[PDB]
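Bound complex of Prostaglandin G/H synthase 1 and celecoxib.
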There are 2 protein chains.
Amino acid sequence: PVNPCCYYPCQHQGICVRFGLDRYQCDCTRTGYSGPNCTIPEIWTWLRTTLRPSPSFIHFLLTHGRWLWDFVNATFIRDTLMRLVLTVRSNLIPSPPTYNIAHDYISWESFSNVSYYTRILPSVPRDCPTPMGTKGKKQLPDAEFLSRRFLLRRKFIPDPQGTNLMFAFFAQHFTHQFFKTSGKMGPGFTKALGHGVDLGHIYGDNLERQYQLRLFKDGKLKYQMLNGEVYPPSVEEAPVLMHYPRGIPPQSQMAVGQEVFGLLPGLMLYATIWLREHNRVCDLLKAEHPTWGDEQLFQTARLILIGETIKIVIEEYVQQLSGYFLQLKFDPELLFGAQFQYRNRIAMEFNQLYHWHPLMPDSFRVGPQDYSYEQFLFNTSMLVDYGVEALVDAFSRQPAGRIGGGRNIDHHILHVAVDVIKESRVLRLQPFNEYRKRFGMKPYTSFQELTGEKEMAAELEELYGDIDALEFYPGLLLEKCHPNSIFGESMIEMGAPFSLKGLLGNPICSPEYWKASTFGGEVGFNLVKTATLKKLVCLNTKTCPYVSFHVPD
Amino acid sequence: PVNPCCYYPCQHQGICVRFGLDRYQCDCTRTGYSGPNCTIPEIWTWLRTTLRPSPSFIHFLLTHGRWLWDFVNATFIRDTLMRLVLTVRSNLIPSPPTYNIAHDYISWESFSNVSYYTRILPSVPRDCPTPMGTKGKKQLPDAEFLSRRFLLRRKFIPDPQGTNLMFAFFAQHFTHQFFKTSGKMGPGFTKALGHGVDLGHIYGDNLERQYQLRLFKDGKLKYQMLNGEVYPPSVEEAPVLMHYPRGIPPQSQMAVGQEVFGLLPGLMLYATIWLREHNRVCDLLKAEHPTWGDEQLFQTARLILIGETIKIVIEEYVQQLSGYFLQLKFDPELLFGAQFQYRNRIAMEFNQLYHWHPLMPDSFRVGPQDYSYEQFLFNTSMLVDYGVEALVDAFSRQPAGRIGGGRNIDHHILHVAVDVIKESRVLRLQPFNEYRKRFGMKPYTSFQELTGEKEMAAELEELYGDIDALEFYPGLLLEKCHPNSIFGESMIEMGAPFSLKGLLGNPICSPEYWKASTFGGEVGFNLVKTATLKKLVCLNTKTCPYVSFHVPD
Ligand code: HEM
Ligand code: HEM
Ligand SMILES: Cc1ccc(-c2cc(C(F)(F)F)nn2-c2ccc(S(N)(=O)=O)cc2)cc1
Ligand SMILES: Cc1ccc(-c2cc(C(F)(F)F)nn2-c2ccc(S(N)(=O)=O)cc2)cc1
Ligand SMILES: CCCCCCCCOC1O[C@H](CO)[C@@H](O)[C@H](O)[C@H]1O
Ligand SMILES: CCCCCCCCO[C@@H]1O[C@H](CO)[C@@H](O)[C@H](O)[C@H]1O
Ligand SMILES: CCCCCCCCO[C@@H]1O[C@H](CO)[C@@H](O)[C@H](O)[C@H]1O
Ligand SMILES: CCCCCCCCO[C@@H]1O[C@H](CO)[C@@H](O)[C@H](O)[C@H]1O
């Protein structure tokens, strides 16, 4: 009595429920389809799919015809296409979340419990013949061998788009505020209950820790003065839990919101940048409101930083990644006339695919000197030895590593790539083609169609056996890319939805929160509308270095 | 240097922010008004208010013209008017939430922190001349004296609507799942973090307690067999925290989700009803899915009960209370084409006004025998001595007490009425007329306009002094009512919004959760669509008594 739902019968986001001893049914409610499987099109959906261009065809448009986009950008079409990218990508990702590691069905414990990582698709029944449902071999390839043959870096393959390490560290820094898989509770759980841009990696992840980081005067945060410059406080001044190595001295270890940030001068660099940005905002709010107290000056400055984050993440961060000629625009008012939920729940496949370790180089250049992985990791003095302005100049002048296609993952951080595929099997993620179906994409018929070449494709036909049994994480990294893209179709087509929901799904974007008084007048509401990666750095420094998400070139 | 925001300048939901030493400004963003105070109408809003009938005029329509509503009910207009009541009413309620006891401004702590009771309006700055802003006497009336002169019951004044005690106990039972003001954290905090219909008073309020209440087989809940009937388990069987009297003599103390439920046979009666309803649903789900396990059978049956609750709360509970000829209809699909947030946050004024102790009679009739407050409170054996069917028959045959107008609060429960007005001053709620402005109502110019008579009205002119300084809670109960109504115009026009937002704001109503598979096929999705107060009782009993929200008459 083989579980009928192991064949993934339900198509187009159909929920498969089990009936009787060996029966089943598919709920085709509002999926645009009917019938036993939700395959037979409705009158309107049939017309919509017939006039639907391939995802790659629309990517070609958004990456070609400069002249056309010089016009579109300077017209109201920048909003007709922006709102279209927003609503359409983010549709109904389910909102309110739908599953988690413990449940493969809509439940109140899944919507109420935040300590869970939601999941767009259910897991593969523990009662299914093969590990990935019905297709593939009885055993899946060795995680270590997959990383030493298809993910291991031989020669450095830079990003064709020019992306630099300044972007690489902004990604790891801004992404770790909603990715805190908890050791204790194990995989499928998170410590960052913000599940979005709550700047928990600056103040969070909890309140008890927040106060320890706050100076409690002028709504500022405690700090430390080294070489007449501003950095985070020493753990002595502000005693909070940090995952520093050793050992070490307490006087030389800075404290922030997100831990494991002291294990990289890059993450502590942005911890210093946003720190000076918070206190600077408190100086602007104190002058405007002498009557305001400590609590209001802080919690207000926090909303101002959260606004500057999304502003730089859309109009800058995704603009370098995207490579499009369409100027991405952060304007919450685009979905003010749309049926949109201002809620967000971090998925386990968003945490899964966001492991962009290929971005890390072979080493780390800093002007004349060159530090290796051994000299750069767990560095305590490097941050204060070079300063902020001199360091931001180095990262912006060094290219990062291409994420898609492979094989481009340094041998140092490859142990994470294996702990990601290992965590994939623990969560029991579905195959690669099943997720392709979920994000409006046609499944690959062969391994050669995935990589675009015969050599690895054949080396995979031996391991997995079937294409419908290919793993999720390995599928994204081994997929070929468009001519000068940073990663495969699937990384774009699956990642775009998740991030767009989480940005505009933020409370501040809603009609209730997107006022001028919410940021303490027009002064604070302008800082958000003019937020730039260049002003986030230079305004807090003395000298103005080279700051960008792409190398000079 | 008087705080300018103490005059409540901002009109029509305008946010007042303080500037300089003695200045201020009003944020008129999307309030439909502009100018210094948001008083000048916009082109469209001016036309909307000109064609806006008084709330009492629309009340009159919804309570008259029987012939017209016999037609409307049997037409698609039941949906045109239902959706209209939904969207319009619930749009007065901010979402996401706005403020809480600790903050008088939009902040991330206020949206992230759930242990808070949100609040529709900010508090009265402690740096204001008079306790209620600028109007009124330097001191507010004695809480005890107000309850002994305007709330104390002399002669029993029944509800003109026929409402009975069956409704009175369904109100206190269904309302205490989102009202758990924490005694530890003090006023302005809640233990029920569900902030809605999470049936936390059955399973909740937490997970550790939930397992203790569950049998862990067939997704059922532990129980106890007394006289061949089904009741909740003894604490011995299921050890959970309960607030039974001191040195109370268990065995015989039943355990449920919501505590302080053993202090009333009425609350333990509904704890038994919903208990048999959960296990019965598990029998229907087990037959349909023999393969299903314990976890899925329970968490699914939980969504089925949550659905039956809102179904009975709209088409039955608010039917009685409203006494409108318009058949209220629970259909989540009404706001599927509306800009609605499926989120909810319990306000402190919703907790405030929902104190309907006037509903409690002088005594409690049970067929032949009559028990007083001393014989009925903290009763442990009464529940199992009469059974379920014999008791539901008694409550449905006894009228309750009218809530509005006063003075109709038994001398036994009057100590709560004083602890509600006392909690009002702790939270620093705004005056009565200020909240009237918030919920689309014109402020009262005199105390005589509130009560509708000269005798109390004068006694109040002496105490409060000004009408703009009248307290919130006392304002609702002392307000006259339309002759056959259960409470004043303000109780309707402020409670209707809160209630409606929390019912359809529930996740299950959303487009993602409102499927048939979410309830385990059509079987479970039908139990929700045909949920009745009569089927909730009779189906779980042997004999069928008189069950309703109104006396026989
Ligand atoms: C020197 C560079 C880096 C090092 C040493 C590093 C180290 C690690 C380690 C040890 C883990 C543990 C995963 C596991 O135990 O399964 C991890 C996971 C992760 N990596 Fe990195 N990483 C680096 C760069 C990056 C970058 C550039 C990104 C960009 C997005 C990134 C994204 C993530 C995320 C989101 C997780 C999981 C977060 C969580 O579960 O809390 N990492 N990394
Ligand atoms: C015999 C009947 C009742 C008894 C003995 C009772 C008892 C109490 C007591 C002692 C409090 C403490 C409140 C304070 O200290 O300020 C309370 C709170 C409250 N009561 Fe009742 N009550 C009864 C009926 C009702 C009814 C019929 C309703 C609504 C229909 C109601 C609604 C509330 C609400 C909303 C609170 C707020 C407490 C919280 O937020 O946890 N009560 N009750
Ligand atoms: C994780 C993730 C995935 C996709 C996106 C995204 C969003 C958008 C936009 F425009 F919709 F905002 N584009 N866009 C995107 C599009 C193409 C590329 S590429 N270089 O791989 O071809 C890179 C990014 C962002 C984040
Ligand atoms: C706390 C509270 C307050 C109002 C309502 C409500 C909702 C509705 C409806 F129809 F919109 F659903 N009516 N309605 C209502 C209307 C009038 C009265 S009455 N007894 O003063 O005439 C009683 C109830 C419900 C709960
Ligand atoms: C199904 C009845 C539609 C109206 C008659 C038009 C001809 C049938 O329309 C069709 O229906 C199929 C359904 O899968 C479509 O896929 C095809 O276009 C066609 O066979
Ligand atoms: C001209 C481009 C404006 C429209 C933006 C289309 C968004 C990308 O395109 C579409 O995205 C949808 C969301 O992933 C998916 O249904 C499709 O697979 C994809 O093509
Ligand atoms: C026609 C709609 C706008 C004008 C309002 C007319 C009603 C005046 O207002 C209302 O009239 C009701 C009449 O039944 C009275 O019962 C209400 O108390 C009265 O306030
Ligand atoms: C048929 C009678 C009117 C029902 C449709 C209109 C919706 C009624 O809801 C209306 O809400 C407004 C704002 O919440 C209030 O000011 C009105 O008094 C209230 O009746």
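Going down the sequence lines, the chains are called A, B, C, and so on. Quick note: numbers on chain A are straight from the PDB entry, i.e. 32-584, in order. The residue numbers of chain B are those assigned by the PDB entry, with the residues present covering 32-584 sequentially. Heads up, header says this was done by X-ray crystallography, 2.8 Å. Every number for a ligand or one of its atoms is a count from 1 in the order of the listing. For the numbers below, each heavy atom of this structure counts, side chains included, while hydrogens, waters and symmetry mates do not.
The full list of places where celecoxib can be found here is ligands 3 and 4.
In contact with celecoxib (ligand 3) at heavy-atom distances under 4.0 Å, by letter: A. At 4.0 Å, heavy atom to atom, the residues around celecoxib (ligand 3) are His90(A), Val116(A), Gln192(A), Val349(A), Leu352(A), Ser353(A), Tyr355(A), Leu359(A), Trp387(A), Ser516(A), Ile517(A), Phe518(A), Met522(A), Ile523(A), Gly526(A), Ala527(A), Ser530(A), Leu531(A). Taking a heavy-atom distance under 4.0 Å from celecoxib (ligand 3) as the test, the passing transmembrane segments of chain A, by UniProt's count from the N terminus, are 2, 4. Lab note: nearest UniProt active-site residue of chain A to celecoxib (ligand 3), heavy atoms, 1 Å precision, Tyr385(A), 4 Å. At a cut-off of 4.0 Å, no other ligands or ions are listed near celecoxib (ligand 3).
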